[PDB]
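Summary heading: complex between famotidine and Carbonic anhydrase 1.
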Amino acid sequence: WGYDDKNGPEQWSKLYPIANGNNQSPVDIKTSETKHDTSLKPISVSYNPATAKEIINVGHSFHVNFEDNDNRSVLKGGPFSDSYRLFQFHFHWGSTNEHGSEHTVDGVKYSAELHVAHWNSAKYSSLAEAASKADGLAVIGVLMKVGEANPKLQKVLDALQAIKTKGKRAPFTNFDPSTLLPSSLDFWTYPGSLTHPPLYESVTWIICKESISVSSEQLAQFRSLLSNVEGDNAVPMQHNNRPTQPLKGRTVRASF
Ligand SMILES: NC(N)=NC1=[SH]CC(CSCC/C(N)=N/S(N)(=O)=O)=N1
Ligand SMILES: [Zn+2]
């Protein structure tokens, strides 16, 4: 699977029938149809920069993974009773500035989107166990609006020249990804899925109302990562965003 004409989002259902399921992500958040939910607590993140582990070129994207053997780095609050353990963050982006985010807000497409993913360590003993459970994953998404260069992206951007081609990986340490979150954590929440195979309907989404910035030249660094292995002809990672999927009657809730 990928994001090409032949292996891309509109082909995924051939191998992953859940792609046409009832809790698929991302979605368009229509703000006139969201229902403010007064029981939603504030989102609380508390991450230890010592859990940051490694950065990896996974061919369609790159991931920054964290040690997840204990509760040094956790998400609590929001719609959750359980505490969720941080395991990764990564980005999605598009061919040009005009699209690139996965979620849209009232039809508006942003330039990129940051996903900070976590697994339910109150209920499950590993990411592998949690990843297929209805309540197993909690992902914060933050919409990225093209404009001013974002300095908090810096350590991440500087690391990519060491993982230029598919399968390359490098240590990436002492990094607290709450520094990338917008100053207000007001959010939307809905029940959905991983946005690429295997597309498990295991994700509680937490979408921030406030965007963060990214420059047109920062976006170019993402798109200059390569999806081919070292020594093959260079294939730029131009985009990795899935189109928005039908709500199928789920309700998007607002904390604000
Ligand atoms: N199979 C297995 N044992 N563990 C798995 S399968 C996918 C997975 C999460 S990695 C995160 C990749 C992703 N698509 N998340 S997103 N874009 O935030 O919806 N862990
Ligand atoms: Zn993602």
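Quick note: residue numbers are just sequence positions, from 1. Note that ligands are numbered from 1 as they come in the structure, with each ligand's atoms numbered from 1 the same way.
Including duplicates, the parts belonging to famotidine are ligand 1.
Within 4.0 Å of famotidine, judged by non-hydrogen atoms, the site holds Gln88, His90, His92, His115, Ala128, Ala131, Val139, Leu194, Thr195, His196, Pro198, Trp205.
Every atom of famotidine with a heavy atom of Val139 under 4.0 Å away is listed here by number and element: 18 (O). Of all protein heavy atoms, the one lying nearest to atom 4 (N) of famotidine is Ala131 CB, 3.8 Å. The shortest N/O to N/O separation between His63 and famotidine does not fall below 3.5 Å. Counted by heavy atoms under 4.0 Å from famotidine, the UniProt Zn(2+)-binding residues of chain A that qualify: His90, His92, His115, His196. Here the heavy atom of the protein found nearest to atom 19 (O) of famotidine is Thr195 N, 2.8 Å. Counting only heavy atoms of the protein, atom 15 (N) of famotidine lies nearest to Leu194 CD2, 3.6 Å.
Protein heavy atom closest to atom 11 (C) of famotidine, with residue, atom name and distance, is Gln88 OE1, 3.5 Å. Covalent attachment: none from famotidine to a chain. Short contacts between famotidine and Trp205, defined as distances under 4.0 Å to a heavy atom of the residue, involve ligand atoms 18 (O), 19 (O). In chain A, the UniProt-annotated active-site residue lying closest to famotidine, at the minimum heavy-atom distance rounded to 1 Å, is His60, 6 Å. The contact set between famotidine and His92, taken as ligand atoms under 4.0 Å from a residue heavy atom, comprises 17 (N).
The PDB entry names the source organism for chain A as Homo sapiens. With a cut-off of 4.0 Å, the other ligands and ions near famotidine are: ligand 2 (zinc ion). Looking at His90 next to famotidine, an N or O pair under 3.5 Å apart turns up.
Result for chain A: of the UniProt substrate-binding residues, famotidine comes within 4.0 Å (heavy atoms) of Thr195, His196. Across chain A, the UniProt domain dominating contacts with famotidine is Alpha-carbonic anhydrase.
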